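Presented below is an entry in which one can find metyrapone.
FYI, the numbering just counts along the sequence from 1. Any value given below was found using the heavy atoms of this structure, including those in side chains, with hydrogens, waters and symmetry copies removed. In each ligand, atom 1 is the first atom listed, and ligand 1 is the first ligand listed.
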Amino acid sequence: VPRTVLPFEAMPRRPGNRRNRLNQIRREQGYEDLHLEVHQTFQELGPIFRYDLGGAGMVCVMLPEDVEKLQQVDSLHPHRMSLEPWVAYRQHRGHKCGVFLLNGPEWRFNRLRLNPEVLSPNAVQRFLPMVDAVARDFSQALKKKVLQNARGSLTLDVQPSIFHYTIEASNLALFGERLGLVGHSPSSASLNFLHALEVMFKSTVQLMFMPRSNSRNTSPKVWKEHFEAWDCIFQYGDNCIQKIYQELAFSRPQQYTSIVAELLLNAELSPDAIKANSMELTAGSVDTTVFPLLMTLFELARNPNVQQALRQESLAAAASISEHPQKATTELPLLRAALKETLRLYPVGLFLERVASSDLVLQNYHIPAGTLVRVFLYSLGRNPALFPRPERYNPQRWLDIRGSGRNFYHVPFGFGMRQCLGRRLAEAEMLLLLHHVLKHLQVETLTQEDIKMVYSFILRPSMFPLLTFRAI
Ligand code: HEM
Ligand SMILES: C[C@H](CCC(=O)O)[C@H]1CC[C@H]2[C@@H]3[C@H](O)C[C@@H]4C[C@H](O)CC[C@]4(C)[C@H]3C[C@H](O)[C@]12C
Ligand SMILES: C[C@H](CCC(=O)O)[C@H]1CC[C@H]2[C@@H]3[C@H](O)C[C@@H]4C[C@H](O)CC[C@]4(C)[C@H]3C[C@H](O)[C@]12C
Ligand SMILES: CC(C)(C(=O)c1cccnc1)c1cccnc1
């Protein structure tokens with residue numbers, strides 16, 4: 001690094017030895033306010049600091065310029081601190097690890113053979129009609145509940161139905177199957193699969209935060225629950241892959257039907273590798289897309305001028321998107337901007353993480369090779385220097401957006417070759433559900449109070465309010 005950069009020792013340090021009630025806050029609520037605690041530290045120390053704990057020091061950053069510098073020192077296979085409970089399940093049952101868990105050349109081999117079928121513009125053009133079909137079914141089911149309510153309006157908890165929508169849409173894109181989670185009586189097999197997804201994620205978070213001194217005897221029931229949930233998920237995956245094998249051998253269609261069928265036809269990855277990646281993509285919808293979809297509905301309820309501008313756009317584009325759902329990618333610029341605005345205020349992952357593959361420089365400080373660097377998305381999005389009136393929900397800011405490093409202003413899906421593999425499937429699900437709902441319905445909430453987010457592996461709303469829908 002240049003001789004003019006400040007030494008690592010000069011970086012502002014978060015005091016580890018202050019007298020305050022953090023000790024007691026940890027006893028009572030653990031790390032549930034970590035986003036706010038780190039945000040306060042950036043306010044005090046500036047946009048880079050060393051978080052000292054247990055003899056170690058994580059570098060905390062929050063600027064687009066830092067994300068750009070990290071993308072520069074990404075290797076051909078950026079290192080990931082693999083989710084241990086998920087790895088342990090694969091080790092125990094003799095399943096492969098997929099891109100969520102792999103490192104090194106094996107990660108890259110897998111990733112390059114998935115990108116064209118999941119992340120590419122061509123992949124999106126193929127799956128958009130399937131996501132559109134599920135979005136229509138969800139939107140029609142809600143409109144029907146509204147129009148049959150005695151009170152001319154429907155106040156409901158939308159959290160379960162929006163979650164079910166994301167699983168239904170993703171599972172259709174991946175395996176070409178409808179679980180039926182829009183019906184009032186979905187099959188026991190579909191509900192068992194959904195339950196297993198929920199238990200898998202809940203048990204992941206319980207195991208990651210299991211104290212060392214309690215693992216021997218508190219963890220075995222949780223490990224059992226985790227592995228039994230994964231067994232159910234892998235049974236569903238095997239069932240779908242066997243069905244696809246049968247279709248491709250004896251009844252092969254000319255047209256695209258599913259991401260997994262395309263991977264099996266390509267035959268670049270082994271069947272066991274395709275299953276592992278399909279199960280990780282399956283898991284990728286659990287407790288992710290639901291949150292920005294909910295928070296977009298919440299902010300549209302609070303910002304009726306923005307809601308009406310999005311409704312005008314969706315009504316003007318409605319005919320074009322009905323003819324070719326693929327048009328949703330270019331004909332709803334303000335709604336795409338609204339998704340960026342939701343994720344600016346309400347990231348799902350709290351941070352992006354890299355281990356410095358080489359010495360580098362961030363904010364004119366020398367960063368030694370091997371340093372843990374975390375980009376805190378909550379703080380990046382609330383920087384008033386880059387996002388004037390950062391508390392304001394203003395999708396127009398993205399159509400206006402200026403500044404040198406503007407490519408790195410929107411990074412809630414990460415960056416570079418190890419960015420979120422599911423990002424375009426997540427984006428399409430959010431875009432099309434909101435498009436179809438806004439054409440038919442208006443949303444409100446009783447109070448305009450900010451939602452409290454809690455950090456529990458992901459950032460999630462504490463007490464998401466009932467929403468009220470009415471016909472337009
Ligand atoms: C709004 C919803 C979501 C957000 C904000 C999100 C965000 C992220 C982020 C930040 C990463 C790490 C990227 C990096 O370090 O550069 C990631 C990885 C990943 N995400 Fe997502 N994600 C979401 C939804 C999904 C969905 C729906 C799927 C699957 C259908 C998915 C599949 C994955 C996979 C497989 C990886 C690992 C990629 C790899 O390591 O090669 N994600 N996501
Ligand atoms: C290391 C810890 C406690 C060890 C002890 O003090 O006895 C034990 C408790 C539960 C154990 C895990 C559970 O038995 C579930 C898994 C069982 C597999 O046979 C090994 C990995 C596996 C993931 C185990 C790893 C490790 O041995 C754990 C985590
Ligand atoms: C930063 C914080 C410690 C802060 C403090 O004691 O002041 C630590 C303690 C436990 C850590 C978490 C746990 O190790 C569980 C998770 C492990 C994953 O690899 C990253 C996220 C993950 C959710 C961790 C994030 C973060 O490093 C946590 C929350
Ligand atoms: C939200 C979460 C946990 C995420 O931000 C993440 C996942 C892997 C690595 N880094 C961040 C995630 C989880 C599943 C799919 N995509 C994203």
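- The full list of places where metyrapone can be found here is ligand 4.
- Ranked by contacts, the chain bound most extensively to metyrapone is, in the PDB entry, Cytochrome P450 11B1, mitochondrial.
- With the cut-off at 4.0 Å and only heavy atoms counted, the binding site of metyrapone comes to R80, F100, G284, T288, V348, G349, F457, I458.
- Of the protein's non-hydrogen atoms, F100 CZ, 3.5 Å is the one closest to atom 8 (C) of metyrapone.
- Counting protein heavy atoms under 4.0 angstrom from atom 6 (C) of metyrapone gives zero.
- Close contacts between metyrapone and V348 involve ligand atoms 1 (C) [criterion: under 4.0 Å to a heavy atom].
- Summary of contacts: the protein heavy atom closest to atom 17 (C) of metyrapone is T288 CG2, 4.2 Å.
- When each atom of metyrapone is checked for a heavy atom of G284 under 4.0 Å away, the hits are 14 (C), 15 (C).
- Atoms of metyrapone lying under 4.0 Å from any heavy atom of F457, numbered from 1 in the order shown and given with element: 3 (C).
- The overlap between the UniProt heme-binding residues of chain A and the residues with a heavy atom under 4.0 Å from metyrapone is empty.
- Distances below 4.0 Å separate heavy atoms of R80 from the following atoms of metyrapone: 9 (C), 10 (N).
- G349 CA, 4.4 Å is the protein heavy atom nearest to atom 4 (C) of metyrapone.
- In terms of protein heavy atoms, atom 2 (C) of metyrapone is closest to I458 CG2, 4.4 Å.
- Scanning the protein heavy atoms around atom 11 (C) of metyrapone, the nearest turns out to be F351 O, 4.6 Å.
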